[PDB]
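Depicted below, tolrestat in association with Aldo-keto reductase family 1 member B10.
Numbers here simply count residues along the sequence, with the first being 1. Counting starts at 1 for both ligands and their atoms, in listed order.
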Amino acid sequence: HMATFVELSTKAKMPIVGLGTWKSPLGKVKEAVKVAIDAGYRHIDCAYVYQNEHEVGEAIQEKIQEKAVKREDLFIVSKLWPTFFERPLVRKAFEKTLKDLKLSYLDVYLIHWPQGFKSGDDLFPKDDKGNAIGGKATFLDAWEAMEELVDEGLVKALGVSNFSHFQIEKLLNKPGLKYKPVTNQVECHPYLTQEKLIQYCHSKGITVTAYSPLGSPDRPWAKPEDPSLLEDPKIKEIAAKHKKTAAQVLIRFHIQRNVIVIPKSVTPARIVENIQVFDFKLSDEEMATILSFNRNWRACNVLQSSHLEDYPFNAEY
Ligand SMILES: NC(=O)c1ccc[n+]([C@@H]2O[C@H](COP(=O)([O-])OP(=O)(O)OC[C@H]3O[C@@H](n4cnc5c(N)ncnc54)[C@H](OP(=O)(O)O)[C@@H]3O)[C@@H](O)[C@H]2O)c1
Ligand SMILES: COc1ccc2c(C(=S)N(C)CC(=O)O)cccc2c1C(F)(F)F
């Protein structure tokens with residue numbers, strides 16, 4: 001199935017469902033991407049910190065070599081991790097991502113998190129204790145380096161992730177800004193419906209990409225008492241009606257809000273199921289019901305970074 005597009009401010013077309021790759025093992029992610037491309041996926045969400053981009057790259061190159069897909073029809077997103085915000089490190093980190101992915105360009109390159117981390121060998125540099133150690137460079141510094149990539153044709157568009165509206169304002173207000181973000185990739189699902197942030201982003205011509213749309217049940221820190229979207233009986237009730245799965249309803253929820261969504265799986269049958277979401281529709285009542293489930297609950301609150309200056313989640317939205 002071909003996912004529907006969401007038009008970006010650049011007029012590029014971003015497929016509304018993509019494949020997530022956080023936690024996808026080296027040993028499984030290459031097959032996951034191959035299965036996804038065969039099943040009609042064109043958008044793949046990647047990151048340097050996921051430490052699996054080289055296997056994603058192998059999958060894409062092989063599919064292009066087998067004439068299963070053309071590069072112009074793929075939509076590949078990656079992200080700049082916050083230990084690489086210093087000018088020279090932006091370029092080096094990008095170059096490693098691009099080399100690993102075996103691509104000539106990225107469709108979108110995101111600021112992964114706004115709050116900067118100390119540069120050095122460690123991906124997760126620690127206080128003592130282990131709250132995050134902050135960095136010298138800020139996301140505004142990083143953005144300027146990222147703009148170079150767009151000028152040089154290495155990236156078609158920039159975006160942000162885990163930004164509050166205040167942080168988007170800071171960016172949009174930056175003197176000498178060359179490129180505006182095309183998306184804000186944030187956690188979004190029926191327990192964190194992001195009404196105000198989505199309103200704000202859309203009002204600025206910025207799309208929203210919903211991460212952890214199934215509640216990230218495989219996040220390492222899940223506790224059995226934590227909210228569970230996939231086992232929510234009211235979600236299951238609405239799925240059963242449609243003869244669909246819970247997952248499919250959780251994905252379709254975003255589509256109907258014109259929000260891009262990136263469910264992760266390495267299980268072939270689930271990869272295929274998760275893009276089977278364009279032949280049913282949730283009713284207005286069903287959408288209103290699911291919207292009403294908001295709990296302000298984050299699977300990814302990253303509280304160890306909450307003392308850093310640009311920690312995003314102290315703002316209302
Ligand atoms: N920008 C950011 O800061 C950030 C943060 C978090 C996530 N993300 C992105 O968003 C993607 C999605 O979020 P996520 O990985 O946190 O979690 P998710 O997509 O909400 O949930 C993934 C989990 O759901 C399972 N699953 C997938 N399809 C299913 C189905 N149809 N039925 C039952 N279980 C199913 C997967 O199992 P199997 O894989 O075993 O099948 C995996 O355990 C990430 O992979 C990443 O690309 C970005
Ligand atoms: C900005 O801080 C982050 C950001 C991401 C993480 C992750 C990752 S890689 N994810 C939540 C996935 C992602 O950011 O895409 C895992 C553990 C701690 C993190 C932390 C932190 F260590 F603080 F808790």
Subject >> tolrestat - positions in model >> reply: ligand 2
**OP:** List the residues forming the binding site of tolrestat (ligand 2), heavy atoms under 4.0 Å.
**Re:** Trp22, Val49, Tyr50, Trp81, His112, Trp113, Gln115, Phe117, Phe124, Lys126, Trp221, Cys300, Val302, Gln304, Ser305
Subject >> Residue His112 vicinity, atoms of tolrestat (ligand 2) by number, heavy atom under 4.0 Å >> reply: 13 (C), 14 (O), 15 (O)
**OP:** Can you pull out the closest protein heavy atom to atom 3 (C) of tolrestat (ligand 2)? Residue, atom name and distance to 0.1 Å, please.
**Re:** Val302 CG1, 3.5 Å
Subject >> Atoms of tolrestat (ligand 2) close to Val49 [distance to a heavy atom under 4.0 angstrom, numbered from 1] >> reply: 9 (S)
Original post:
Is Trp113 in polar range of tolrestat (ligand 2), meaning some N or O pair under 3.5 Å apart?
Top reply: yes
**OP:** Tell me which UniProt active-site residue of chain A is nearest to tolrestat (ligand 2) and the heavy-atom distance to 1 Å.
**Re:** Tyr50, 3 Å
**OP:** Just need the protein heavy atom nearest to atom 18 (C) of tolrestat (ligand 2), so name the residue and atom and give the distance.
**Re:** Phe124 CE2, 3.6 Å
Original post:
Which residues listed in UniProt as substrate binding sites of chain A come within 4.0 Å of tolrestat (ligand 2) at the heavy-atom level?
Top reply: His112
Original post:
Which residues listed in UniProt as NADP(+) binding sites of chain A come within 4.0 Å of tolrestat (ligand 2) at the heavy-atom level?
Top reply: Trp22
Original post:
So which heavy atom in the protein is nearest atom 16 (C) of tolrestat (ligand 2), and how far is it from that ligand atom?
Top reply: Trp221 CH2, 3.8 Å
Original post:
Nearest protein heavy atom to atom 10 (N) of tolrestat (ligand 2), by residue and atom, and its distance?
Top reply: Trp22 CZ2, 3.5 Å
Original post:
Who's the nearest protein heavy-atom neighbour of atom 2 (O) of tolrestat (ligand 2), and how far?
Top reply: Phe117 CZ, 3.4 Å
**OP:** Using a strict 4.0 Å cut-off to heavy atoms of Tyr50, name the atoms of tolrestat (ligand 2) that fall inside it.
**Re:** 13 (C), 15 (O)
Original post:
Other ligands and ions under 4.0 Å from tolrestat (ligand 2): which ones?
Top reply: ligand 1 (NADP nicotinamide-adenine-dinucleotide phosphate)
Original post:
According to the PDB, which organism is the source of chain A?
Top reply: Homo sapiens
Subject >> Heavy atom of the protein closest to atom 21 (C) of tolrestat (ligand 2) (residue, atom name, distance) >> reply: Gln304 CG, 3.4 Å
